[PDB]
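The structure described below contains bortezomib (bound form).
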Amino acid sequence: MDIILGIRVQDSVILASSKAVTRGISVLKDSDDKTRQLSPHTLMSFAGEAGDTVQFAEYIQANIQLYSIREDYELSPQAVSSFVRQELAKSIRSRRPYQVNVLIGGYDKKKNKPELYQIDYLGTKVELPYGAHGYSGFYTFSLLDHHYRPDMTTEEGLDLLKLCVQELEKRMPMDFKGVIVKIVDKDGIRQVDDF
Amino acid sequence: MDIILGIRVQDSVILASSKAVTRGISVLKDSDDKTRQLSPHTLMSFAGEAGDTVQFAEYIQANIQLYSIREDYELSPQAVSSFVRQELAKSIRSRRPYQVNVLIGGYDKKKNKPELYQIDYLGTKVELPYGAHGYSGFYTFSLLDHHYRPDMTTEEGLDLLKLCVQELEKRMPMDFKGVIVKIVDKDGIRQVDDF
Amino acid sequence: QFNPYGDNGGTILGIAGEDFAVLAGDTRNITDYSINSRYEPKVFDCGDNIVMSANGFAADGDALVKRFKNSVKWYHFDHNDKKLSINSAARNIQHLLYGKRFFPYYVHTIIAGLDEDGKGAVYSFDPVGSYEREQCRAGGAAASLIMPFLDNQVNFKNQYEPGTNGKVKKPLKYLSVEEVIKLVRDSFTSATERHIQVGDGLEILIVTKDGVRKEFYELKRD
Amino acid sequence: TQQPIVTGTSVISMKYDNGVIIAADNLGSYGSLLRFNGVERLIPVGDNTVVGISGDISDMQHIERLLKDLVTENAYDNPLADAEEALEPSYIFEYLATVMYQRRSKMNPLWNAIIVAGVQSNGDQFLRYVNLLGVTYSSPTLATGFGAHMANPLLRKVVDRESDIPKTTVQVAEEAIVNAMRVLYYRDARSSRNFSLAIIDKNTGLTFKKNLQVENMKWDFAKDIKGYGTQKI
Amino acid sequence: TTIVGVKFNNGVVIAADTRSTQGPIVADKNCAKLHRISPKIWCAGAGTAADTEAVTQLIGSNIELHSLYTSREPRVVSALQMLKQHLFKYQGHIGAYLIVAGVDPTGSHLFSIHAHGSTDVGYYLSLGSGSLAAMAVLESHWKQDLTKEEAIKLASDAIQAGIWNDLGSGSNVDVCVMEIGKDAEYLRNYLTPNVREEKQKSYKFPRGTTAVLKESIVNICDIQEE
Amino acid sequence: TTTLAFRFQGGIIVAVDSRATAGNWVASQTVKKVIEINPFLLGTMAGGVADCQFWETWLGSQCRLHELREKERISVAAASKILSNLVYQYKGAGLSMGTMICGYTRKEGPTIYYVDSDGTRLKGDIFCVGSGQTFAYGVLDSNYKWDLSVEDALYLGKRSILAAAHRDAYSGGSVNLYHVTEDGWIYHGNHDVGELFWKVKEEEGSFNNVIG
Amino acid sequence: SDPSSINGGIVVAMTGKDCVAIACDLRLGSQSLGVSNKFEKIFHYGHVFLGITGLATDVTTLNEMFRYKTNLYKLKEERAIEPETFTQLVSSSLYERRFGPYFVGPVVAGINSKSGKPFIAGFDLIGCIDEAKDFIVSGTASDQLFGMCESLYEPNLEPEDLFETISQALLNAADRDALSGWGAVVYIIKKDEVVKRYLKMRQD
Amino acid sequence: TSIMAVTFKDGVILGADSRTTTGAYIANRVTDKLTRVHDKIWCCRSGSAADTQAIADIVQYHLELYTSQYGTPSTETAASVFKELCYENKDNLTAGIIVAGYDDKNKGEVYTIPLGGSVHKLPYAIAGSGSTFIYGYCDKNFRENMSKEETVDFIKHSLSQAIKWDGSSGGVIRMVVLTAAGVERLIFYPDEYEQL
Amino acid sequence: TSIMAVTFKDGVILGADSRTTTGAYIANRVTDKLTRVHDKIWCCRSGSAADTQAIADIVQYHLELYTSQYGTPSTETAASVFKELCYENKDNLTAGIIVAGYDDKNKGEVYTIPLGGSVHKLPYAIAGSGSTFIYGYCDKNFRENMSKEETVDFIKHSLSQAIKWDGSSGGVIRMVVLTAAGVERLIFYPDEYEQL
Ligand SMILES: *[B]([O])([O])[C]([C][C]([C])[C])[N]C(=O)[C]([C]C1=[C][C]=[C][C]=[C]1)[N]C(=O)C1=[C]N=[C][C]=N1
Ligand SMILES: *[B]([O])([O])[C]([C][C]([C])[C])[N]C(=O)[C]([C]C1=[C][C]=[C][C]=[C]1)[N]C(=O)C1=[C]N=[C][C]=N1
Ligand SMILES: *[B]([O])([O])[C]([C][C]([C])[C])[N]C(=O)[C]([C]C1=[C][C]=[C][C]=[C]1)[N]C(=O)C1=[C]N=[C][C]=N1
Ligand SMILES: *[B]([O])([O])[C]([C][C]([C])[C])[N]C(=O)[C]([C]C1=[C][C]=[C][C]=[C]1)[N]C(=O)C1=[C]N=[C][C]=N1
Ligand SMILES: [Cl-]
Ligand SMILES: [Cl-]
Ligand SMILES: [Mg+2]
Ligand SMILES: [Mg+2]
Ligand SMILES: [Mg+2]
Ligand SMILES: [Mg+2]
Ligand SMILES: [Mg+2]
């Protein structure tokens, strides 16, 4: 699919993902949720080749949920991100690689810190205060470089995120039909229904 | 460029043309007028390869204006359309052909009839009640096939045109940043400033 | 580089009657601009009152027919000598063809016979196993020449009744076996004239409740 | 997938009233180089079948070994190996046809064109073709390569349809075959003057003729041909 | 296409089939492949149909002017030379494969021409997709000192071989005889061994069978007086 | 090909054309592009004629086996995912499919899944698939409401296919209508475009561009 | 990509007893997209009729070119051009673009005004003349037209009977072609009257 | 094609086969590859039939015009005209020509002109596809100042072997003898030269 | 490469040049292309050096194992083992091998195995790039039942010409004589064979 963004503030991680699905000439859907809950305090957004994206996301989801049941314990965002990276790093030298890029936003309940991990289809992992995949960064990183503050509140983060989406809606050629925004914090995962 | 539409009603011709200009990754402009007035009662909209479009349009504009001065007389839309077709039909077997598609909307003051001509870059001319170039027709022709009646008013034409633009804004992937609408009738050419 | 496919030309035609069914095919076999044989049978009695032809690349055609005949034999063994119905045969052939989806049998298959209500039946296939029951179907080289003629003269397409001028259609009255054979012969005579891969001979297989009969007619040899 | 290296050209054949005739030249070409001049391309199987092979010679020698092995295998635990349960032309052909089509299906073909000529148990004439693609067909006259283009037209003037077979004697049939071989020598750039011929008759059995030569050739008229248009000397 | 040329006692004969094809479809069943360059110089053409026609007309036109300029009946070698130099210049792109024959004050002549511009001399020649079937017949039955009757028979038999055995050839046999000291006789459809049999059924429709929307008279006449 | 399906008050409407083409050659005007998977499930066909037929009749065998094993009607979600997971295994091999899996269960209600040979699986209210999908979308989007009567919904589907049959060269022949309720689908006839076009033009006042 | 099948269309012509008929479909498209249902492909210059299939821009260009030439012919000759003579003019004009040809399939039809003899003729895109006694076909459904004509046609058909035959030949051939149809026209041509009929057909 | 020219005591002899091929089909089995550009200046042609005919025709024209102005041209001059055409049009031509001629002053001379358009004056020359198979034989058997009968035998035996091994060569062996006595044509048929 | 094997009255002789080339560079000017697969069964190698070495090594192994079980193998048997490797691996091999051997029962025998993997039993055989230039010479000069000295001269003269004309051939002429008397190696240097 197209645009996926992420920003880590003081006490939470915010992921924004486009709603459009386009097969060639037509926009088949304008309300698609490009994300899966891996665990109560870990959310993964994704974008890449059709089919592979959902297949990969649900596969990761199933594996983490299996771990949760087996150990009766939630893996740290760092641990989940490492697992995901390894799966993609394994995939890149396969017969047919997963063509999927992801952002992993989690809240570590042990350290009481929000964490954002950017991983591409090659298995390239980086921890970041803010991140993006595809052409999204090209428009948004300059704004984030200027405004981002780490002590930012969640509300200040959403405002900075609106400024990013406005720039994208001005300068990007493709109509991505707006974004679904989700927040990850100490209380879990919730969706901002008005954006 | 992208989307250009045309519709011939009872007493006028209405042309609608997108405002976006995109060079690759960015939308450089969102207020571009993809049309030239050839004569007081003849308007030509255009879309094709960058540079060639404006170069061709202005070249045709210059030639028609020259004819107007020489004869102190306005050529009929049919005559202008035939001239344009021949120029494109000449162009297609050149060293480097003009990569331009056009719509010609005019009001014939002799016959008191509006006239719409669709011409592609090969020099393929057809007179139509409604027409389009590129992928625009793919979305809009089904609506026009249903609603068009040959005796509509100018206001009914604009409403049917809004229904076309709404469908395009729903189902086309590219954000074409709205359209500039112009009306051609017995009194000449005017622009609808709110659409 | 080795090309595992070839084109042996030929043309075939199946028509379904009210209580009968015919499956015709020319006897000419070719490669490029040469004739291999003027009489090489292309339509086959496969048993259980079912006739079959697989037109196109002859080596794949012969392979497919051979495997279907074999399927009929094993159907009898495995299900107490039960008669293989035409609809069942058709579905079995789909799986034979689709089994080689990624290295296809390069043929246009048509089978004919009677359904379980005794009425005439014709089934048509593409190379990778899709199928559909039809009243009328031409296959192979001159299929584009013959089908339109059969839309007009079998299904009375674009025909209407005099005096009414386009209001009332020509009624779809049934065609006898003698009437169908006339249309088959003319279809191939016409196809032979304008298509270089059609000629030499015409072999028709007729299927009724009484069994499978054969008729042969000469075609132009140029 | 391969390319043919050492190759054999046309094989020609036809039916007649009491049997079948088949012929092929003794050349093994290496591209345009006429490398090997003593290659037998007709291979008899028993006293009722002759297999003519054109195309790649290494593959021909492989097929020759398969047929030799087929005879050995048929004789095993078979008291009627030289009588009722002897190898028929139809048996030998169907076997080859199976192999050819299987090999093309694995994208590794035997690069040949084959004609199986013979007479069956009931006296019936057998003549059928098969090639690298597994394509098969039968006809009163059959020929491979250049023979298909030049020999068949001549042989079809003798036997045009099925009803012409009883009316065609062995003398008339052999005469037509020998002439066709002459024509191929005039016109095929990968042919030789030396050839082999085989007759299989229902009465007189298998007659295998070796070291035949094209004779009665017309070349004298060449002396009168000068230049390419305007030249007189 | 099957086209042949055969020399005989007192002249030369050329023949051709009448089939033209676009891929596997027959475009024309009774096509005319024998072309007149001048009254007693004819040629048969294989390959690209428009090219054989065009290159024949052009040289035939220039031959006529040359004959008028020199006050002499045209020669086959002149037609041959003008054809080959034209085809050579176009480097094979003009797809004309010709058998050129004729009688002139020098005698009777028979030549072949290929698209790249190479020429050949012979007593018997064949060109086209059916040239192998025809050349088989010619190589089997040709002799020196053929009569007129024997040469016509041999030429037509060589075309028939193409008609029956080559899918690129068919329908009828056209012949043109060019004897010394006589008018050239052009025998159109010399043989007709491919008449279509009567159809089983008449497909004449009842009047009114087709649905019509509008009728109108078309004005083909000029602007009228009064 | 033009195939559509949309959710509404009265369940689901499914409408398809009948044309099959090999290049410019019209191979068939009488193709059944709706597959009756069972009395409650329908599948639409677009793309490769054989791929769609084979694997959608195969799907019906998997659904029958599910309800034999689980003593319960298979969900539309589960049925659609069986097909999407299958074609995903073949991804890259060259299967060519665009399909809607349509059904009506107690737990889900009326449900439509777009399933595709690249592995895409999408739930939605409206879908149009095929070469003439853009034409059908125009009529649907402007006239669609949740509060349509079964009669009006059926006509809208019929009309949307007609629109695409007219303009798209690779669509036409005839229109097959299906209406899916919770007690199963209901067939609503074969409609020849040759007769339907003139009937609609006259009665609706549409297609004033064409002369009749 | 293939110029001769971007726009689509067909033309067919036939002879009868003291008459000729020429017919064409009305479709103009951009590959799969249908654009126009009023694109007539038959034109006339005096009593000589010319149908042209293929690339639409060249159809228009050639019509304008032959109108140009036939108008000069008439001024200089002081008479209308005849079918036989026009056929040669078409051939000459096409062959002059030998290595940069117009992508078209022209068809000529008409009755010679002096002899009264019916006349039809066809061409390839570069000038070769096909002069058939019975019928001529052209366009994207030429294979289909060959099959219809070869079975339906008989010689010496009366004008009103010939109309039925040629119409059924066109209609059924067009219905088996994706790029043809969207209406049809038939011209019946006698020595001194010419009737034009538009046919009702399926609009898909 | 198998062609050769050989100088000897009394002059020079040209030799050639008569086979023209389109792939494996023999388009002409009785071809004349020994062509005349002047009374006693001939050439052997190999490569494209069209190219070598076109070239030979142009040369004959040049030498005819030379003769009208300056009298009989030398063999060297004829070779130079061949070279000028072959060298300057090397990109568009496929022609391997051997030029042979008889002067009274210079006697028998042979010039070979391969694909590139270079000129090489030699005692004898061989060319064409079939020449490859007789380099060994010709090198071992050639002597200078042979007699007419010996040279005919040398050419007959050499081309016989070239024909035997090369599929692109065959038919009759044509020869042309160039001496002070005049111009003699010789032909040798398969039955004769195959048994050698 | 210029290689040949020739049967004669007392047995068979193998002959070869000594040049190995990488393009136009002579990687080895003193190569030994006559290799031993059994006591009196040798072969000449042409084509890829790696392929023909690998093949010859495998054959020597097979015949060594054959000998241990069934005694001395025939030359025909050795040729069949070469064929089996060359035919079955025709897609991956570039090897043109001549097999030559001496039995007491069968005396001197020569089998040639070209690229395809076919087998041809011949009185004598030639192969390698340089063989093309001596088909004419060898056909004209070969006789059956020659003496040792005559056969040495025939091979020496033949390879001399092949070396002279082929750039891929050169260096010394190696030979190996196979008779009832035993195995003899012969070498002939440029100064000797160039003046022939
Ligand atoms: B014959 O097969 O050579 C025949 C003789 C011709 C000169 C009347 N030639 C053709 O029929 C050619 C074959 C061909 C097809 C395609 C490209 C080149 C040649 N036919 C035509 O030139 C042709 C095709 N369609 C219409 C008119 N002419
Ligand atoms: B439709 O056009 O997608 C249609 C749907 C199919 C299920 C009947 N497909 C076809 O007609 C395809 C060609 C095609 C046209 C346009 C878009 C995509 C595909 N035809 C075939 O698959 C086919 C196969 N064999 C014979 C005939 N047609
Ligand atoms: B000879 O084989 O080189 C021969 C000499 C020519 C002057 C008559 N050339 C040809 O036969 C060539 C083909 C060729 C074969 C071998 C090497 C190079 C070229 N043939 C033609 O040019 C030819 C073939 N068919 C028709 C017309 N011309
Ligand atoms: B001979 O030239 O064929 C020779 C025979 C080999 C067994 C010693 N072969 C080579 O010299 C080949 C190249 C070659 C030349 C001509 C024809 C075919 C192949 N050389 C090599 O294989 C080689 C070259 N450099 C290093 C190692 N091997
Ligand atoms: Cl020549
Ligand atoms: Cl080595
Ligand atoms: Mg990254
Ligand atoms: Mg024929
Ligand atoms: Mg599954
Ligand atoms: Mg349509
Ligand atoms: Mg050397």
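Lettering of chains follows the sequences in order, A, B, ..., and the numbering in each one begins at 1. As a basis for the values below, the full set of heavy atoms in this structure was taken, side chains included, without hydrogen atoms, waters or symmetry mates. In each ligand, atom 1 is the first atom listed, and ligand 1 is the first ligand listed. Header entry for method reads X-ray crystallography, 2.8 Å. We show just part of the entry here, counting contacts only within that part.
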Which parts of this structure should be attributed to bortezomib (bound form)? ligands 1, 2, 3 and 4
So I'm looking at this entry - what's holding onto bortezomib (bound form, ligand 3) the most? Name it the way it appears in UniProt, please. Proteasome subunit beta type-1
Other chains with a heavy atom under 4.0 Å from bortezomib (bound form, ligand 3): E, H
What residues, by chain and number, sit within 4.0 Å of bortezomib (bound form, ligand 3) when only non-hydrogen atoms are counted? E:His114, E:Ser118, H:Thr1, H:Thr20, H:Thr21, H:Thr22, H:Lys33, H:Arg45, H:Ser46, H:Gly47, H:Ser48, H:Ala49, H:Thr52, H:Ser168
Residue and atom of the covalent bond to bortezomib (bound form, ligand 3), if one is modeled? H:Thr1 OG1
What UniProt active-site residue in chain H has a heavy atom closest to any heavy atom of bortezomib (bound form, ligand 3), and what is that distance to 1 Å? H:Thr1, 1 Å
What the entry calls chain E: Proteasome subunit beta type-2
